[PDB]
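Structure containing benzylpenicillin (bound form).
Chain naming here is simple, since letters A, B, ... match the order of the sequence lines and numbering starts at 1 in each. Whatever order the structure lists ligands and atoms in, that order sets their numbers, starting from 1. FYI, side chains are in, hydrogens and waters are out, and symmetry mates aren't considered; it's all heavy atoms of this structure.
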Amino acid sequence: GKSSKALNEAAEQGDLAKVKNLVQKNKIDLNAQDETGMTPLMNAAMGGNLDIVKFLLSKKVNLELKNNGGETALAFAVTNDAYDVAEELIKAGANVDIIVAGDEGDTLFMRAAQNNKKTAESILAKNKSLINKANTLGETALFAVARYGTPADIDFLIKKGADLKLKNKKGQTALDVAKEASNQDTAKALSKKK
Amino acid sequence: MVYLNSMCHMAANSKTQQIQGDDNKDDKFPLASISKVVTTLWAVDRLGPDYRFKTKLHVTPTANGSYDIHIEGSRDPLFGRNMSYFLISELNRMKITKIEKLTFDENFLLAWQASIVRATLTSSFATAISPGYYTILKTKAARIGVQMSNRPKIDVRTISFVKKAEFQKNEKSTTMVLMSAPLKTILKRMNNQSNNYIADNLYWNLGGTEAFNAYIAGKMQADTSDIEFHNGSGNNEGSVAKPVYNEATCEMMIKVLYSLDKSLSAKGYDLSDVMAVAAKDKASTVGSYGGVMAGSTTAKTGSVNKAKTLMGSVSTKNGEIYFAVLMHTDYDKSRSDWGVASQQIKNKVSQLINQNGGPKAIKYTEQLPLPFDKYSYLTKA
Ligand SMILES: *C(=O)C(NC(=O)Cc1ccccc1)[C@@H]1N[C@@H](C(=O)O)C(C)(C)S1
């Protein structure tokens, strides 16, 4: 079927009634992607609109379609800080082993780990190995947090099984990048962890 | 595509008041919803952080033990469902449940012009109350020590618009006042996350673009090459063909923060009294900001087609530092750009903190910003 610009706008803006009007009428394939690859669900996720997400999930939409930036609805939720929606999608069976947009190829886990601990834990409950899955530059969450996080973030990651010895594609450890980023506190903590 | 338009910063306690940043810090770029912070400064300067909107009810008993009520509105920009439910609770507590005639003037702004407010009053105010939304509100109200009725109900026969200029209170009428929460709470709610409504209604209440241009010129010696506003919210006034966004320079955003902080400080307040705190204000766009920003950073976000933005203060070991980050995006062409830009902004701000000896937590407990507080009870004027 055809995508509807009106449905996609409604889903992003958070207008539940209009979403219901356009959907139940059934002139619209809910899995049809628009010009930039967007679905209604991706729009709802991006806008943090939990009720619309739930409505769409009750229609059994495909969770794994990707836009032109290669992102699923779950990546839209995580990357736009809609962690309520992210938890809903993870419970509905959304694949957590995905890549979010940008040159680094960060994992979903790595993005959640810098921001929302609950969601980071929900991702690992699905796939415990993600703790050490590296991005395109050979960097794990440990690297991101070494740069821009806290000793408590480092402890979180170590508790979930972070390998301390990994080296990125430049041959740097997480300690190396902490120092390069002038993060005194994480460099200190990382130097001391065994 | 995502790239930086401009980033700038300045230490709050800077003697020299030199704004540091890139060579684009004097170029205008789209602000999106950091515009709400400029609107905050204006409101704070024109009204004061403790100002309250005083909605008046003119209440007259009628033949059959009922009441006529006229609402003389205050243009309170946060009079929606929640404030309506509180009003209904208050009318009940005063034993007003039988209303023959409910009238209202043009300053009575009700977003859940006269035609529409009449419709919302009939549709929503006078109809049955949601137990879902009501109990949630009541229980929230209890957390700030505000008492509300159990199962409040109202019966309204007739509703109509009556212009302020054409209203005369009956000599048998009693004038009651329903005060808003203080402006600082309204601004806090706005800046946590909001659609355009609160910001745009503040901006209009204060006189709109003409008055804004006059204010910012006096306040900052700023002309249109520094800052060009069309509304309070920063949302697009035009189209996706012809977009019209509030724009301003990165330096102007630093001056706005400086002045806002100075005006708040004169009444014992901080930026955290009107803006969201990273990882502490959970009902805000920065509720899940992690890393060195968590607990240290007070900030407002913005997103529009062509920009992702952030501004506020970071609390570091070297002191409080103002910052603004204005990113370019092409959300029309790649909806993923907002998320990409958001993390790059986070990393830039985290780097600013790293370079100033790391974070230092601010003193702050998460506020619960309702449109009323314990002084909002219906009271005789
Ligand atoms: C201010 O920037 C905001 N922007 C909009 O309302 C633009 C828009 C257009 C279509 C769909 C969603 C948003 C509000 N503040 C944003 C922010 O703080 O980042 C927002 C996305 C939460 S909406």
Could you peek at this structure and say which chain has the most contacts with benzylpenicillin (bound form)? A name from the PDB entry would do.
Bd3459
Other-chain heavy-atom contacts under 4.0 Å with benzylpenicillin (bound form) = A, B
query: How is chain A named in the entry?
result: Bd3460
(request) Check whether the model has a covalent bond from benzylpenicillin (bound form) to a chain and give the residue and atom. (result) B/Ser33 OG
| query | Looking at B/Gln193, which atoms of benzylpenicillin (bound form) are within less than 4.0 Å of one of its heavy atoms? | reply | 22 (C)
Contact (N/O only, under 3.5 Å) between B/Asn235 and benzylpenicillin (bound form)
yes
Close-contact set for benzylpenicillin (bound form) against B/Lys300 heavy atoms, below 4.0 Å = 18 (O)
- prompt: When only distance counts, is B/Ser303 in polar contact with benzylpenicillin (bound form), meaning an N/O pair under 3.5 Å?
  reply: yes
**Q.** Ligand-side contact atoms (benzylpenicillin (bound form)) for residue partner B/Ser33, heavy atom cut-off under 4.0 Å
**A.** 1 (C), 2 (O), 3 (C), 4 (N), 14 (C), 15 (N)
- Under 4.0 Å, heavy atom to atom, what does benzylpenicillin (bound form) touch in the other chains? A/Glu12, B/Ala32, B/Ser33, B/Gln193, B/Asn235, B/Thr285, B/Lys300, B/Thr301, B/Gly302, B/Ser303, B/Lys308, B/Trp338
Identify the protein atoms, limited to N or O, that lie within less than 3.5 Å of an N or O atom of benzylpenicillin (bound form), and list each pair with its distance to 0.1 Å.
from                          : atom 1 : to       : atom 2 : distance (Å)
benzylpenicillin (bound form) : 2 (O)  : B/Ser33  : N      : 2.8
benzylpenicillin (bound form) : 2 (O)  : B/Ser33  : OG     : 2.3
benzylpenicillin (bound form) : 2 (O)  : B/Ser303 : N      : 2.9
benzylpenicillin (bound form) : 2 (O)  : B/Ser303 : O      : 3.3
benzylpenicillin (bound form) : 4 (N)  : B/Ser303 : O      : 3.0
benzylpenicillin (bound form) : 6 (O)  : B/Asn235 : ND2    : 3.2
benzylpenicillin (bound form) : 15 (N) : B/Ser33  : OG     : 2.9
benzylpenicillin (bound form) : 18 (O) : B/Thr301 : O      : 3.4
benzylpenicillin (bound form) : 18 (O) : B/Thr301 : OG1    : 2.6
benzylpenicillin (bound form) : 19 (O) : B/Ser303 : OG     : 2.7

